[PDB]
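Figure: structure with sertraline.
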Amino acid sequence: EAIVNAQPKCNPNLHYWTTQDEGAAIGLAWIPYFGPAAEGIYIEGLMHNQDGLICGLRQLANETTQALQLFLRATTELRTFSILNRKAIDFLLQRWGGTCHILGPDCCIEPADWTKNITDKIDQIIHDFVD
Amino acid sequence: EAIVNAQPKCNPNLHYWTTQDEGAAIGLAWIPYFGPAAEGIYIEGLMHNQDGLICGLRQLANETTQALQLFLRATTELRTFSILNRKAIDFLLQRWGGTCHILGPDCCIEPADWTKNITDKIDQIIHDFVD
Amino acid sequence: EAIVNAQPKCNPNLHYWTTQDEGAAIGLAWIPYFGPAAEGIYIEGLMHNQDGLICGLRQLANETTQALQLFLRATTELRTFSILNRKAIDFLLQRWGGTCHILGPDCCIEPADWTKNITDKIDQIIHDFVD
Amino acid sequence: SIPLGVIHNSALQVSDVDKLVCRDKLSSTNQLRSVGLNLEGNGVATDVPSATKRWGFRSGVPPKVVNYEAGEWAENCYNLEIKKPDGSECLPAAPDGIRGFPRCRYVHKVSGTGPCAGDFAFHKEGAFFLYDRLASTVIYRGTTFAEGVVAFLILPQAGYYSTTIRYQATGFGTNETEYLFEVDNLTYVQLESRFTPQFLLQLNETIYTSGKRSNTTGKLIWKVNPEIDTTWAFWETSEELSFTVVXXXXXXX
Amino acid sequence: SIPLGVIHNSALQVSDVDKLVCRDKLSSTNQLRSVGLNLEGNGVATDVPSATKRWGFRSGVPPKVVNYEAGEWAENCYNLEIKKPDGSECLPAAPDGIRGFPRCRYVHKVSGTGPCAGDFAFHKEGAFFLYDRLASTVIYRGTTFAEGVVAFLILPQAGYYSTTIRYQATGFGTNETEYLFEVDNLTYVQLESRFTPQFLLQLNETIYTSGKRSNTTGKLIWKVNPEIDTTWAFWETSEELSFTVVXXXXXXX
Amino acid sequence: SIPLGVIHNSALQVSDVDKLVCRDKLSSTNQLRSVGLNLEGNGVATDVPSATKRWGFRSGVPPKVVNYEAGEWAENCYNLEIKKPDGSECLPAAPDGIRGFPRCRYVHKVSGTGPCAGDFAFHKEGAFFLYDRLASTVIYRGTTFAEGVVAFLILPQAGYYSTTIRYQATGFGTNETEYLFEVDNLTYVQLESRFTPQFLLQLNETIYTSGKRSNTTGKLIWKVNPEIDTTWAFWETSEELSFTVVXXXXXXX
Ligand SMILES: *[C@@H]1O[C@H](CO)[C@@H](O[C@@H]2O[C@H](CO)[C@@H](O[C@@H]3O[C@H](CO[C@H]4O[C@H](CO)[C@@H](O)[C@H](O)[C@@H]4O)[C@@H](O)[C@H](O[C@H]4O[C@H](CO)[C@@H](O)[C@H](O)[C@@H]4O)[C@@H]3O)[C@H](O)[C@H]2NC(C)=O)[C@H](O)[C@H]1NC(C)=O
Ligand SMILES: *[C@@H]1O[C@H](CO)[C@@H](O[C@@H]2O[C@H](CO)[C@@H](O[C@@H]3O[C@H](CO[C@H]4O[C@H](CO)[C@@H](O)[C@H](O)[C@@H]4O)[C@@H](O)[C@H](O[C@H]4O[C@H](CO)[C@@H](O)[C@H](O)[C@@H]4O)[C@@H]3O)[C@H](O)[C@H]2NC(C)=O)[C@H](O)[C@H]1NC(C)=O
Ligand SMILES: *[C@@H]1O[C@H](CO)[C@@H](O[C@@H]2O[C@H](CO)[C@@H](O[C@@H]3O[C@H](CO[C@H]4O[C@H](CO)[C@@H](O)[C@H](O)[C@@H]4O)[C@@H](O)[C@H](O[C@H]4O[C@H](CO)[C@@H](O)[C@H](O)[C@@H]4O)[C@@H]3O)[C@H](O)[C@H]2NC(C)=O)[C@H](O)[C@H]1NC(C)=O
Ligand SMILES: CN[C@H]1CC[C@@H](c2ccc(Cl)c(Cl)c2)c2ccccc21
Ligand SMILES: CN[C@H]1CC[C@@H](c2ccc(Cl)c(Cl)c2)c2ccccc21
Ligand SMILES: CN[C@H]1CC[C@@H](c2ccc(Cl)c(Cl)c2)c2ccccc21
Ligand SMILES: *[C@@H]1O[C@H](CO)[C@@H](O)[C@H](O)[C@H]1NC(C)=O
Ligand SMILES: *[C@@H]1O[C@H](CO)[C@@H](O)[C@H](O)[C@H]1NC(C)=O
Ligand SMILES: *[C@@H]1O[C@H](CO)[C@@H](O)[C@H](O)[C@H]1NC(C)=O
Ligand SMILES: *[C@@H]1O[C@H](CO)[C@@H](O)[C@H](O)[C@H]1NC(C)=O
Ligand SMILES: *[C@@H]1O[C@H](CO)[C@@H](O)[C@H](O)[C@H]1NC(C)=O
Ligand SMILES: *[C@@H]1O[C@H](CO)[C@@H](O)[C@H](O)[C@H]1NC(C)=O
Ligand SMILES: *[C@@H]1O[C@H](CO)[C@@H](O)[C@H](O)[C@H]1NC(C)=O
Ligand SMILES: *[C@@H]1O[C@H](CO)[C@@H](O)[C@H](O)[C@H]1NC(C)=O
Ligand SMILES: *[C@@H]1O[C@H](CO)[C@@H](O)[C@H](O)[C@H]1NC(C)=O
Ligand SMILES: *[C@@H]1O[C@H](CO)[C@@H](O)[C@H](O)[C@H]1NC(C)=O
Ligand SMILES: *[C@@H]1O[C@H](CO)[C@@H](O)[C@H](O)[C@H]1NC(C)=O
Ligand SMILES: *[C@@H]1O[C@H](CO)[C@@H](O)[C@H](O)[C@H]1NC(C)=O
């Protein structure tokens, strides 16, 4: 299902801030004692509305709220950090949680290059049928 | 291994309460400001002892306690929420953590319908052996 | 990449302590009320420097620190317990996150024993070509 | 290893994730569930005297909490407000986000005193104290709980009334514990293990409607004599009496 | 079910992990991301009078917090120090590890009083209060936040200035709320919804450089008369006036 | 990216999960382990003067904690009770569930004063303070820790004595720090970096059995003159002296 932005306005540019789980630290800057304070750990960027992704993202966050709020109502965790990890697990369970029937629609196994490994090397037996 | 209920008694009916990570909210009821209080988020149901599942479940919870208590003794987490997610991971690692040898006992790949895709389409070459 | 210990010294023996998520408890010892206190839940062992693993492990922990500290700088979790579970997930996503092209380098599917199940049982049709 | 419940051949089996066969399908974390089952359903005695003897104080063991997603309606829950003789609290306040057990027909609220020779109160049989979708190894102050245990499952792909019953206790936690059922702040009944919740409620109503409460500034303690019956599990199951007085003790027949 | 954003056919689609096709590849948890988007970017009114009417107090609902990894630079953030008339705090202190929203051009710091008929302050439209990479359902005391919502995404494989604007408030949370913009501790301007942040800052500079501050121990409140203009979204967009005095009220034209 | 240790060709390699080949098998989360290794095992000086110079106070950086599952028996651990001159605590109380490091041959308990120009005490070399299976970036008050670092591993498929040594300190955290080894509450020895734990314990026993403790209400400080030897790593390795007195200072030869 596609995203239809139905907001009164859309800021088509996303001036964003975020962190970095890595970042080749300069010298001692990775050491907490020497590194930046809480205010200085952020990187910034600017993203424009190519393919309408920014205005679609604003609508997506809007529409996500009901399901997210209902999830938070039902959990007893005070702070929830596991949403994305659980969706990664559900990704794998959906594709690999049962028996993978090759050539079936729910099995992500491609026997392409090795359909062409048997049917090519049948011409080693029907090829050499000589005596 | 099957479950043998060895308790003094068994209540064969399970009058249960639980929540719901979704539930098509009526109007504004999904908004925390307008929604139910902590006492009003529960749904109820009644489950009977078909296939002996309720009396088996009571024994299962009883027998689970030792392993659960020993797990809790060893963890430094104050509140443990990750047991079921870790078992989902261990499910996938058991089946897909190594190389899947097709037709082997520990490989959940079924080449059934496409055993019948080659052996059917061998009758495109041994079929047409005419000149 | 291999580990080069570049420390001033190396203690080649690892006198370690750890816990146990199980341990066949003796009688009632698994019950928190009766079991050991916090000081008495540990097991001990001694590991020597066979294959240079101990001196390599000391260097590995040393070199892990920068990436670990930078990860901790970026997270808002007060206590992080999910590093190893996330790496288990990333293991599965790396191998099974996309379509598995059989005989390809990134697909851990071995059709060995059943390459030898078709090419053996071709001698049921080219075998019996008699009328 | 923490066992897992699974349905096989029309029956519940204890298995684990590493012991399943390829036909067993786990396509969603929604199939994995945790349930809290009440000790009530196994036939344990639920009266306050019997129930409190299953709990004891212990130091040196850090408390532990585990979540569970679904629970069972309880007939008996408990809520403890125990102090030492010097007035200090025996039990810790409920941690943030730990609420009382959500479905209790009868909440046995016990207030009183005891030695409390230990930092935390544990379950002597290794069971858990079930709160609102959180199971703890210890008892929290003034927080309603049910005794129970937790099970973990792999599922296949395809009115509420509550009554609070109040008790006073002395020597809590010892083998010399005395319990009184509270009719009002000055009228009490000596508690015995055989008294069921409904007997206590009807004895309470009888005392109110027969006018057998204390009409003095002092404390009136009734004793039900062995004559009268009270008691069988709760799921498979008083008009006029005599009252004469004998710290004012008395007897009921 | 919590929806997931994914790019397909040069467009963002709402999908989920169970609805992807085999060509969709998730080879790393690095491809999964959470973003906080500000209500600002949807065109909501950001003035203090309009913004505070979107928040209300409510009891019985436990607060909830969820993390998000990336956010949007905000033009307007808010920081509340509200007490009851009796002096007790209306809002709880920020929990450990919850810091203010990291990028705010204007921080509207509102101090004042109100009834606060509820344990926690929630967003009446179900949005979140965004802090430093943590989104909460409730407002924390003296902690800078932006109103916003959270989205979850599957990515494909392949200077900072901040100004604090201070306000005094009475009857906070009701429909009879009065706001004053603070020039100094004794000079104020009656606040109206049409006043933009830059108008307030230039009105502030004009009052300082025209010497229109209070030169008394008492409180001086200016009113900007309907004559003067102030106001359009922030991303797509005063020299000399008259001041005469009329608890000392006054007017500016 | 956080590196992972793996055994290949009879040797430990640093790899990652995305860099393994198909022959590498991870069939259980039990194969993934975290270990804390002590800086001791790398040859760092463990005396109190040298060890404390590796720690410093810093504001603006939130503390962070990560768990580790197995640790190494430590010869030297540390336990700090530092206050400012005005009497306020320099270090925060240990958070709930953070206990001392479980295996320490010698616990160097340092009490004293310093400026403590910072909200938290960090490790100047980026190492961690190891507690009971929790590694922190900061030092907690009165909580025994070992300095160390954490490693993460993929495994293949297939008596305890502790002695507390007490010190007094002034000017803690600066480059003008003075340390005294505590014999009793009134007898002390000027501490030098060369003093090993066993030398301190035998110097302590000698002072007790030679009767060289203070027999006054006042404070007696001994100095060991450069004559005497004390000191090589701990894993690869006093009868009668002269005592004359010279706030009462003295010398030992
Ligand atoms: C899972 O389900 C099983 C079965 O229901 C439960 O098993 C119970 O285990 C507990 C131990 O934890 C047992 O309690 C012990 O009972 C002994 C016998 O009690 C009486 O038995 C008969 C009357 O019924 C009499 O002949 C006898 O004299 C006793 O009067 C007691 O001797 C024990 O008390 C002594 O040891 C304890 C420590 O265990 C001390 O605290 C006491 O002071 C005393 O010294 C003890 O009480 C119980 O009997 C078992 N029940 C059954 C039916 O077998 C598991 O508990 C359950 N698991 C969980 C986690 O709930
Ligand atoms: C995702 O995006 C959508 C679209 O932008 C947002 O939709 C908004 O939803 C809220 C409800 O939560 C709407 O607020 C309601 O507006 C009604 C109409 O407001 C005025 O409308 C015009 C002027 O604009 C006038 O004709 C009219 O008379 C009103 O003056 C109000 O009637 C509502 O107020 C009443 O109900 C509320 C409870 O909802 C009470 O608190 C009030 O006291 C009062 O009784 C209410 O204010 C809002 O209008 C919607 N906007 C749009 C553009 O449709 C979602 O909120 C957003 N999701 C998230 C999570 O942010
Ligand atoms: C992983 O393992 C490596 C190798 O063991 C460790 O490397 C150490 O890194 C620290 C820096 O964090 C080094 O400490 C620095 O040492 C410099 C030299 O110290 C002396 O060196 C010799 C005597 O040994 C003399 O010639 C010299 O004059 C010094 O007396 C110092 O100059 C540094 O101090 C200055 O900078 C620091 C900030 O770094 C300030 O705090 C000081 O005030 C001063 O201005 C500093 O002390 C250390 O030498 C390295 N050791 C080795 C063996 O190389 C890693 O630390 C380790 N990783 C972890 C996480 O433990
Ligand atoms: C550096 N990556 C940033 C920039 C863009 C921004 C982003 C990324 C992908 C998309 Cl499709 C969009 Cl609309 C926006 C984002 C989102 C979450 C986490 C980080 C980031
Ligand atoms: C709505 N699902 C409820 C009802 C039954 C109950 C349940 C489900 C499956 C089984 Cl086999 C059993 Cl014995 C009992 C349960 C358990 C955990 C979480 C939720 C639920
Ligand atoms: C019982 N297992 C212990 C002993 C060895 C120790 C260990 C295990 C494997 C390796 Cl390769 C090394 Cl160098 C060291 C360890 C590490 C983490 C968790 C537990 C343990
Ligand atoms: C029970 O209390 C009695 C007092 O009657 C005392 O003898 C003993 O200490 C207690 N016994 C047990 C087994 O706790
Ligand atoms: C009974 O006593 C309790 C505790 O002392 C008190 O809180 C309550 O108000 C009293 N009730 C009546 C009716 O006196
Ligand atoms: C006892 O009876 C009185 C009389 O109606 C009632 O008000 C009171 O709630 C009863 N107590 C309990 C515990 O039910
Ligand atoms: C006065 O109190 C007694 C109990 O001590 C009670 O039985 C009696 O009914 C009361 N008096 C009246 C007139 O009811
Ligand atoms: C608004 O306040 C007015 C006072 O002018 C009062 O009549 C009423 O209680 C309030 N109305 C609403 C809808 O809140
Ligand atoms: C203004 O008032 C606030 C609050 O009373 C006070 O903290 C501040 O110091 C005052 N500033 C001046 C310049 O008087
Ligand atoms: C108002 O103007 C004065 C004069 O420069 C300045 O010091 C003050 O910071 C201004 N206030 C705000 C909120 O910008
Ligand atoms: C004294 O205060 C008034 C405001 O009440 C201000 O307008 C005036 O400029 C001040 N006096 C002078 C000389 O500036
Ligand atoms: C060390 O302390 C000395 C005092 O002798 C002083 O000159 C200086 O501030 C300090 N030097 C360093 C490098 O910290
Ligand atoms: C020594 O001093 C400490 C701290 O003042 C005190 O706690 C301890 O009891 C004293 N011990 C003796 C033997 O005086
Ligand atoms: C010092 O020696 C005395 C004498 O036996 C002993 O009691 C004390 O514990 C010793 N101190 C230390 C730190 O070992
Ligand atoms: C009295 O104290 C001194 C230390 O000041 C000590 O050396 C001496 O042995 C003590 N006296 C006796 C008789 O031991």
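Every chain is numbered from 1, with letters handed out A, B, ... down the list of sequences. Heads up, header says this was done by X-ray crystallography, 2.2 Å. Whatever order the structure lists them in is the order used to number ligands and atoms, beginning at 1.
Counting all copies, sertraline can be found at ligands 4, 5 and 6. Contacts with sertraline (ligand 4) are greatest for the chain named in the PDB entry as Envelope glycoprotein. Other chains contributing a heavy atom less than 4.0 Å from an atom of sertraline (ligand 4): A, E. For atom 15 (C) of sertraline (ligand 4), no protein heavy-atom neighbour is found at a distance under 4.0 Å. Nearest protein heavy-atom neighbour of atom 20 (C) of sertraline (ligand 4): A70(E) CB, 4.3 Å.
Shortest contact from atom 1 (C) of sertraline (ligand 4) to any protein heavy atom: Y16(A) OH, 3.9 Å.
For atom 13 (Cl) of sertraline (ligand 4), the closest non-hydrogen atom of the protein is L57(A) CD2, 3.5 Å. Across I154(E), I7(E), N49(A), heavy-atom proximity to atom 11 (Cl) of sertraline (ligand 4) is greatest for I7(E).
The PDB entry gives chain E the name Envelope glycoprotein,Envelope glycoprotein,GP1.
Using a 4.0 Å cutoff on heavy atoms, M47(A) counts as a contact of sertraline (ligand 4). Protein heavy atom closest to atom 2 (N) of sertraline (ligand 4), with residue, atom name and distance, is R33(E) NH1, 4.2 Å.
Neither the backbone nor the side chain of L12(E) has any atom closer than 4.0 Å to an atom of sertraline (ligand 4) (non-hydrogen atoms only).
Distances from sertraline (ligand 4) to the non-hydrogen atoms of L155(E) include at least one value under 4.0 Å. By heavy-atom distance, the residue among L60(A), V35(E), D51(A) lying nearest atom 17 (C) of sertraline (ligand 4) is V35(E). The residues of other chains having a heavy atom under 4.0 Å from sertraline (ligand 4) are listed as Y16(A), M47(A), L53(A), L57(A), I7(E), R33(E), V35(E), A70(E), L153(E), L155(E).
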